[PDB]
Amino acid sequence: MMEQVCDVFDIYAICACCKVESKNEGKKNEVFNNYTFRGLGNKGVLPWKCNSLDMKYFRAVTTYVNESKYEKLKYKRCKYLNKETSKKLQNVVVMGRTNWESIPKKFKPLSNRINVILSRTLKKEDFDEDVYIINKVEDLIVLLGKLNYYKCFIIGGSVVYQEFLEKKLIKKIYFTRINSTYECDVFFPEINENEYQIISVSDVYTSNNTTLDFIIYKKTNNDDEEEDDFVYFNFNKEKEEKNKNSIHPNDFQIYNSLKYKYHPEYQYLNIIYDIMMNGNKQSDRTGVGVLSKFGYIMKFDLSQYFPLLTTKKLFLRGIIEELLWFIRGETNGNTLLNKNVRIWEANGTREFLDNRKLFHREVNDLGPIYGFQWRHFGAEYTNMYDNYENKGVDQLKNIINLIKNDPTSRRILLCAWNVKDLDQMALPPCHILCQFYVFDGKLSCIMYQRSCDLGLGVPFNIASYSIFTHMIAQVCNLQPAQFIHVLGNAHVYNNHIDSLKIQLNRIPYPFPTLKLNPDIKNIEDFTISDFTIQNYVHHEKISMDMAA
Amino acid sequence: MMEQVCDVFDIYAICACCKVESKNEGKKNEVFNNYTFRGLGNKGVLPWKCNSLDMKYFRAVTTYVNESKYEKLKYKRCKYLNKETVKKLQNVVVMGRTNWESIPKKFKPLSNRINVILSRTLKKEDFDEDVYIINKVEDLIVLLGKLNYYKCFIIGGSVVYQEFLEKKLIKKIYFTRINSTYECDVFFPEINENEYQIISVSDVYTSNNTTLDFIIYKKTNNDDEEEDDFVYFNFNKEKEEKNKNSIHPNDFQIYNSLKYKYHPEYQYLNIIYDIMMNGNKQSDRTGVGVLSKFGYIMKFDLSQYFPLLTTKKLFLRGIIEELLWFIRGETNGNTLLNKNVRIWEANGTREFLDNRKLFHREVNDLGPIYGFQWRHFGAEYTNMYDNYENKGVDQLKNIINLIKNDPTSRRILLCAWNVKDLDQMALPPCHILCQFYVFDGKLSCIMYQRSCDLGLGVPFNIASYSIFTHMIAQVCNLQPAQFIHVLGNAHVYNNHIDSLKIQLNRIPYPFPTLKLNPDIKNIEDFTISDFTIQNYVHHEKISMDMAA
Ligand SMILES: NC(=O)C1=CN([C@@H]2O[C@H](COP(=O)(O)OP(=O)(O)OC[C@H]3O[C@@H](n4cnc5c(N)ncnc54)[C@H](OP(=O)(O)O)[C@@H]3O)[C@@H](O)[C@H]2O)C=CC1
Ligand SMILES: NC(=O)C1=CN([C@@H]2O[C@H](COP(=O)(O)OP(=O)(O)OC[C@H]3O[C@@H](n4cnc5c(N)ncnc54)[C@H](OP(=O)(O)O)[C@@H]3O)[C@@H](O)[C@H]2O)C=CC1
Ligand SMILES: COc1cc(Cc2cnc(N)nc2N)cc(OC)c1OC
Ligand SMILES: COc1cc(Cc2cnc(N)nc2N)cc(OC)c1OC
Ligand SMILES: O=c1ccn([C@H]2C[C@H](O)[C@@H](COP(=O)(O)O)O2)c(=O)[nH]1
Ligand SMILES: O=c1ccn([C@H]2C[C@H](O)[C@@H](COP(=O)(O)O)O2)c(=O)[nH]1
């Protein structure tokens with residue numbers, strides 16, 4: 001409706017923001033929000049000196065025009081200033097003198113753009129380079145009114161942002177989240193949850209030893225016969241989504257208001273959306289009640305990020321201890337309970353072993369599960385205390401030796417589904433197999449999962465099998481490529497829906513990175529201390545069962 | 001500069017065509033083309049009588065209008081026709097008199113459509129109904145230049161379709177391929193490969209005991225600041241696909257010209273494309289050589305069709321014989337060789353077994369492969385001839401019991417990959433496992449394939465596990481729903497590229513159906529003659545190695 005100057009003159013802002021090096025007062029119990037990324041500068045330069053990929057983005061966003069689109073904009077513009085009217089078409093960039101003087105010399109003036117400097121102290125006079133000056137903010141709307149520009153971009157710094165934001169002159173913010181912590185003296189202003197709303201989250205990337213992503217904030221309110229062919233080919237599609245009334249999508253205003261959902265966490269989130277909306281109502285094993293669907297695939301680029309969900313808090317100590325426990329060959333539930341890892345406690349009780357008909361199994365003797373099948377597949381299992389040295393097939397050695405000696409084998413599979421020993425296990429494995437693939441000094445891993453609890457379980461599963469990939473890759477002197485997660489029976493407990501709905505409306509943060517201690521070169525030689533998650537920025541912990 | 005009458009007045013053709021009961025004298029092996037589908041009428045009615053879904057398509061297309069797109073169409077019609085001006089908007093349908101009389105009284109005149117009838121024999125006075133009688137094709141274009149209408153549909157019959165193409169007054173043909181054979185007396189005119197081309201192929205469907213799909217012929221030749229965010233987001237891609245120049249897109253002229261590739265065969269065809277364009281070049285030692293990628297999922301709706309590739313010829317006797325062999329628990333190659341099925345011949349050789357270090361293994365004794373594992377997993381393998389009675393886990397009987405008695409179990413897997421036995425097998429299994437899923441008395445099957453020969457092996461693999469799905473579904477008194485194919489290591493052999501390029505440019509035919517003998521109530525009691533593929537319409541056989 002009507003039109004503010006921001007809409008009319010197509011004036012956007014572009015920035016790139018750090019986390020700040022505060023003296024945290026014995027509180028690794030840290031809360032994170034949109035204001036977490038503000039850091040703009042330090043001693044008159046960027047706090048990270050150079051981020052090569054952001055520098056690529058910033059250029060491509062400021063140096064892009066479509067001539068085609070210009071016609072419409074020249075109308076709506078000229079008709080409003082009430083004055084109705086070869087080089088090339090170009091974008092404007094607006095910068096504070098301080099920012100101008102903090103840009104290196106080689107970049108000045110910014111190629112194929114219309115460089116403008118807001119300054120009161122200096123004037124066209126003082127600048128030995130091809131520019132325009134101005135000494136107030138109203139003076140820019142004027143320079144815009146006259147010139148041949150496709151879009152105008154506010155490229156900082158803080159002072160210039162704060163005032164342009166105050167008088168709501170900016171239509172969108174193209175905002176780079178640099179997901180590391182540096183020293184900062186200057187800061188981006190507290191963006192107003194009311195006035196501006198994220199509408200788009202890019203992919204996550206690694207550049208110069210840090211992950212980063214690109215989001216878009218939007219200002220608040222208040223062939224054609226080939227398109228018909230689409231409608232005809234969609235003629236048999238059911239009228240509305242099956243559990244529409246049942247889940248009520250109008251609740252996910254934010255999830256649905258996003259245009260571009262290119263953050264990899266959306267791979268998980270969209271499966272949760274898909275199941276809630278089109279999932280089959282099933283009720284048994286307990287009468288507990290699930291929405292279920294069959295056969296999904298998620299791919300994470302471990303070279304660019306560690307995919308630890310950011311739409312809730314996750315803890316990995318337990319997940320890692322469990323991984324190290326499989327690797328040692330162990331089936332002894334006590335080892336994990338002494339480290340207060342209680343993943344397997346429920347499946348070791350006398351009651352649970354008795355329902356599972358294992359009347360002759362010691363409590364917490366989980367039987368021939370992951371660890372035993374990894375290092376001794378085929379061996380007759382006895383009890384958790386037996387050393388099975390040299391008995392059965394050590395698949396874990398075998399697949400590590402296949403990667404090193406025969407990277408191009410298509411038989412690098414690690415299988416926990418021993419059909420002979422299923423009934424002897426406390427619980428047959430949810431995680432059926434990993435298969436590996438080596439290209440050009442790079443390791444990908446497929447994990448097939450028969451049964452996927454999506455609100456409690458798969459989030460941990462992603463992390464486990466991502467960590468395991470790294471461990472394998474390092475041990476075989478390879479770079480990790482993709483973790484590919486194949487979901488079989490994929491289900492949401494009805495108990496989880498209220499919490500997953502809260503979750504779906506949270507905008508993921510840039511993912512963290514995993515640092516393995518590089519000295520560890522045998523799969524058996526990892527210690528809990530060898531693992532570090534770095535720069536994990538996350539929303540509040542969610543109880544998935546909202547019970548009390 | 002000419003503007004076409006068919007573009008200006010938006011004149012379209014819609015039809016439904018079956019195969020003709022033509023005298024196929026010594027043609028049991030017969031050649032198939034787009035004219036295989038040409039049957040329109042028999043004795044003044046449709047050769048198939050009712051097809052519910054053809055009817056639902058026809059109604060949707062011939063009624064559907066869009067008001068926004070009228071303002072432009074009126075402007076264009078007025079311009080061409082000299083004019084300028086400016087209740088509920090409709091399409092015109094144009095039938096011949098025989099067609100009109102062929103249509104049941106309960107459908108006439110056609111709802112929410114302007115009905116035009118061509119006739120000399122009959123004048124306006126011989127009708128009671130709300131229709132326009134015209135007596136020549138020129139009187140239509142007169143009437144179209146007077147009326148408000150969205151689009152004009154020629155709905156037959158044969159004489160009407162004929163003259164409208166004689167005069168190139170048809171912009172596109174919406175053609176329903178009814179994949180069944182019927183007595184016909186009236187035929188659609190042979191479409192001229194030069195004047196018209198297929199730009200779109202829909203999903204395949206089952207209705208009234210036939211498969212059918214929808215194809216579109218086209219006449220041949222002679223906030224958008226939110227479309228800007230899309231370009232910003234794709235700022236970091238390559239200038240090419242890895243081996244783009246290596247293969248050349250301009251070779252897939254037909255494949256790339258199609259707009260909507262909604263036929264399920266494209267799931268297979270599109271993976272071939274993705275591997276050819278983005279595949280990694282690898283060597284299986286000694287320089288055998290492949291393009292590989294990792295982790296793809298295809299899904300086929302067995303309730304709607306049987307997915308036997310139609311873009312080359314496939315025989316299924318061998319494949320069914322192999323599967324019966326598996327089910328009996330056999331490991332004996334000779335049983336197949338005596339049935340003239342050579343699938344396992346190469347793998348059963350003295351040279352081949354000796355190369356797998358199986359020096360104590362009789363010729364054509366393939367050892368503990370699928371058959372042995374499905375019925376005896378865990379038993380120590382002796383030889384081909386040992387009846388391994390009540391030994392190992394019979395996981396086939398176990399999964400058939402889970403399905404009929406615990407249908408919501410997430411533990412209904414059938415595993416071939418017995419790690420103990422791998423080195424004793426002629427070949428580790430390519431097909432790792434099947435998982436099943438029951439909902440609302442319908443059965444779906446995932447199978448995970450570690451190594452996938454896209455040109456030669458996969459087409460047969462899709463058939464094998466699609467038939468197995470039907471077999472299990474029947475024996476457990478369920479409907480077949482989905483066969484879901486999870487590709488691990490997906491590779492095209494360099495030998496296969498020339499042939500696949502040919503296959504990629506062939507347009508699929510509607511898939512055939514599969515009928516099982518309904519009497520068989522145990523998985524053990526199936527025989528070759530209990531299996532019949534109805535209506536396999538396919539392109540010429542292709543040899544993938546064009547070698548000599
Ligand atoms: N990562 C990022 O996105 C960005 C990083 N930066 C960081 O920003 C820092 C500098 O920013 P900051 O110190 O806030 O300064 P600014 O770049 O915002 O410039 C401030 C100066 O601009 C002039 N000015 C501001 N408002 C007006 C006005 N309304 N009319 C006229 N002149 C005006 C004045 O200069 P004068 O007194 O001469 O008139 C003022 O002192 C650098 O260290 C750099 O690292 C900079 C841009 C973006
Ligand atoms: N499967 C499908 O998509 C379709 C099926 N059909 C089937 O096709 C059959 C009918 O086909 P067909 O026999 O070719 O009949 P048509 O529907 O083509 O009717 C032909 C008759 O229409 C009139 N007519 C046609 N063109 C003209 C013209 N230019 N000027 C004046 N009158 C004209 C004449 O009727 P008159 O004798 O009164 O002068 C002519 O004999 C039926 O069996 C029907 O079931 C029909 C439509 C489509
Ligand atoms: C092109 O070089 C620079 C650009 C910027 C501004 C800037 C940089 N990145 C992003 N995303 N937005 C911005 N507004 C700031 C700079 O340092 C102060 C630069 O020099 C290193
Ligand atoms: C809606 O009823 C009928 C429609 C048609 C024409 C027709 C039907 N289907 C398609 N795909 N194209 C057509 N032109 C033909 C008919 O029978 C001769 C009908 O009566 C059942
Ligand atoms: O890592 C794990 C372990 C367990 N589960 C869940 C999936 C199912 O909800 C349940 C397995 O029970 P069955 O599928 O065997 O019935 O545990 C997971 O999602 N991830
Ligand atoms: O039903 C079958 C049998 C074999 N293969 C192919 C896949 C590989 O090209 C090859 C097996 O090679 P390895 O995976 O054993 O390395 O056989 C199939 O695609 N389908």
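Per chain, numbering begins at 1; letters A, B, ... match sequence-line order. Values reported hereafter were calculated over all heavy atoms of this structure, with side chains retained and with hydrogens, waters and symmetry mates removed. Counting starts at 1 for both ligands and their atoms, following the listed order.
- Contact analysis gives the chain with most pairs under 4.5 Å to ligand 3 as the one the PDB entry calls Bifunctional dihydrofolate reductase-thymidylate synthase.
- The drug candidate or drug found at ligand 3 is named trimethoprim.
- Going by heavy atoms, the other chains that come closer than 4.0 Å to trimethoprim (ligand 3) are A.
- Considering both main-chain and side-chain atoms, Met55(A) never comes within under 3.5 Å of trimethoprim (ligand 3) through any nitrogen or oxygen pair.
- An N or O contact shorter than 3.5 Å is missing between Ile154(A) and trimethoprim (ligand 3) by distance.
- Considering backbone and side-chain atoms alike, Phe58(A) places every N or O at 3.5 Å or more from each N or O of trimethoprim (ligand 3).
- Residue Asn99(A) has no nitrogen or oxygen atom sitting less than 3.5 Å from a nitrogen or oxygen atom of trimethoprim (ligand 3), judged on distance alone.
- The residue-level binding site of trimethoprim (ligand 3) (heavy-atom cut-off 4.0 Å) is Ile14(A), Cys15(A), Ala16(A), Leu46(A), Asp54(A), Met55(A), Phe58(A), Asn99(A), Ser102(A), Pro104(A), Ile155(A), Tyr161(A), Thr176(A).
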